[PDB]
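Structure with LY-CoV1404 present.
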Amino acid sequence: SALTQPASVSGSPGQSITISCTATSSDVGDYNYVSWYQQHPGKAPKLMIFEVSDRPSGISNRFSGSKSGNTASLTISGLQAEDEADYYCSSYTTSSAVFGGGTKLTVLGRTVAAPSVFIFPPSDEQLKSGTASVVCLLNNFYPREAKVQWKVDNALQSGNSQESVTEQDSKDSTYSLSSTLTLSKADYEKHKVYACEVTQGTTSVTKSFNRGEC
Amino acid sequence: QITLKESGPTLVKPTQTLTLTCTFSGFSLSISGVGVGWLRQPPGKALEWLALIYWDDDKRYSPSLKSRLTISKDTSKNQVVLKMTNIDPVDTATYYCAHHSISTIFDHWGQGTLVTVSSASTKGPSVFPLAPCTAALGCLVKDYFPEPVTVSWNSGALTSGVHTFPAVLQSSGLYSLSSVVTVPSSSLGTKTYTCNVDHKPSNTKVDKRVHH
Amino acid sequence: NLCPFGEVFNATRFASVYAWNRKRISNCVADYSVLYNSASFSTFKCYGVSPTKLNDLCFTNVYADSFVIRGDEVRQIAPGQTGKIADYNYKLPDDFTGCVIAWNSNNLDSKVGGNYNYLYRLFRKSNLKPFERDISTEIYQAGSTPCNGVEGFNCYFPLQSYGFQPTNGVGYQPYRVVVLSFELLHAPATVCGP
Ligand SMILES: *[C@@H]1O[C@H](CO)[C@@H](O)[C@H](O)[C@H]1NC(C)=O
């Protein structure tokens, strides 16, 4: 909103990565107070960098901050597995303490595994009740980053779906994800083609069904 | 050491007022340049600042939520209270309280307190089959309250290749989740698959047979 | 016997420029070595004395004046200057003997959404005389109609707030100022260096 960050960044152990934070407006003024937070799952945010480049006591020297104009950057050198977390930048506007949208950082610990994709139409039993749920399953993939887009008669959907991810598999490190599209029975009966498009790197896989044919 | 801890109700209904308290120690909220902030994080979403109170009782609020927010301090009790009126389902989030200085913005955050906003009373789940038009089968466990449900397959004999997704609180105030299992297309005609959904809060058990 | 310089420079609360504070410093050893060792100060200007020979000078009396102004107004804390501060808040004499020390205090005196605690006198009938203090809150009668203690057209309040924002550039950030006045009378000295 007031600050923009890439949704995700990835690297391999030992490498350096950079996360940007661009101020979208003049409201940040001089943009001197820029803080960076590391957030591990289920944990509280942790201050890594403050005032663009200062490091609190106890924070590794692998984390560094800098700024060029309206863009602040967090650089992490000698990337380690424990560095995989959400990173948020923060600053001030003339009225508020603002945050960027967050950047999920991935430290690759194994090879890329492409998801096996499945589409599930709503059951007839659910339709009687006035609601249709269309589910898309992304099975056993790596890394976590995947873009899932719903298309109904080729029209891109927005605001009517929710994603859910399992914990990393203890043996092979894969993730699984479900995306559920929720429509009313009337809206579901207005269209024919239901498709779920899954993008991972250079590949997009669309699995689809035609309503009425199942 | 500077420590901050949130406390308050875990469940509130829409239109009600949410009252959260922050109990701090290791510092004084009297010394100049010191403040205490209240922030929140909706599940899977970004951090968002709500309110802030300074050593001198000067109060700052998020302009878009100012009409519903009220911050206060009690120097004697070491507490900072945030009140949020006319609560709405979109207010379900982990609420954090943190130490403020201009230089750091926020440091020494509390562990957080997940606050759920729902009007729902206890409700057992509806179980729908997940079948296509190596195969994948499953069950959609929809509209239950409160958490949790447990899911098993073939009374616990089928554990290999089972993915039971965590629950998500829908806009209705009810939870939902899917459980899937990857099966072979060769054995899907002789072997059958049943998901066993248990929802102890409402003493409801559902066994759904899924046809390949 | 060390002079209480820490009680002035390291004070928790600083005064608004219009109601500037004064501490008389007497009968003590002024170690300016503590102030020369501090990298916090972005202004150290002496008048009628040398900063290097300050640890050698002896004075009958010393006065430490302290307050907060904007960074671009620090130039006004010098002899012979003009502006809202030099004219209506804190005036230095032309024959000034002393030092002016200032340092950025954005980390303490700025607030989210602005800090409005600090005030400055915006209006006054006449300019202040060297070391004159005016803390009056009487309504300024800019026009001809009598105000009678009420605010209205051409009847303004004499004080105005600074509103320090953490988003401001270095020149618009708050600065904590200490002004040292050196009295060299034809009488024995009470303040000497090491
Ligand atoms: C103010 O305190 C700091 C330490 O917090 C010290 O470095 C500095 O010298 C003190 N100032 C004076 C005038 O003693």
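The first sequence line is chain A, the next is chain B, and the lettering continues from there. Residue numbering for chain A follows the PDB entry, covering 3-216 in order. Note that chain B is numbered according to the PDB entry, with residues 1-133, 141-219 shown in order. Note that chain C carries the PDB entry numbering, so the residues on display, from first to last, are 334-527. So this one's X-ray crystallography, 2.4 Å, going by the header.
Location of LY-CoV1404, all copies: chains A and B.
Of the chains in this structure, the chief binding partner of LY-CoV1404 is, as UniProt puts it, Spike protein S1. Going by the entry, the organism behind chain C is Severe acute respiratory syndrome coronavirus 2. In this structure, chain C contacts LY-CoV1404 chiefly via UniProt domain BetaCoV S1-CTD. The chain of LY-CoV1404 accounting for the most heavy-atom pairs under 4.5 Å with chain C is chain B.
On chain C, the epitope of LY-CoV1404 (heavy atoms under 4.5 Å) is made of C/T345, C/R346, C/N439, C/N440, C/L441, C/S443, C/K444, C/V445, C/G446, C/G447, C/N448, C/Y449, C/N450, C/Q498, C/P499, C/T500, C/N501, C/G502, C/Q506, C/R509.
The residues of antibody LY-CoV1404 having a heavy atom within 4.5 Å of chain C are A/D29, A/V30, A/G31, A/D32, A/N34, A/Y35, A/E53, A/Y94, A/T95, A/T96, A/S97, A/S98, A/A99, B/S30, B/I31, B/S32, B/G33, B/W49, B/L52, B/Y54, B/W55, B/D56, B/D58, B/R60, B/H100, B/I102, B/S103.
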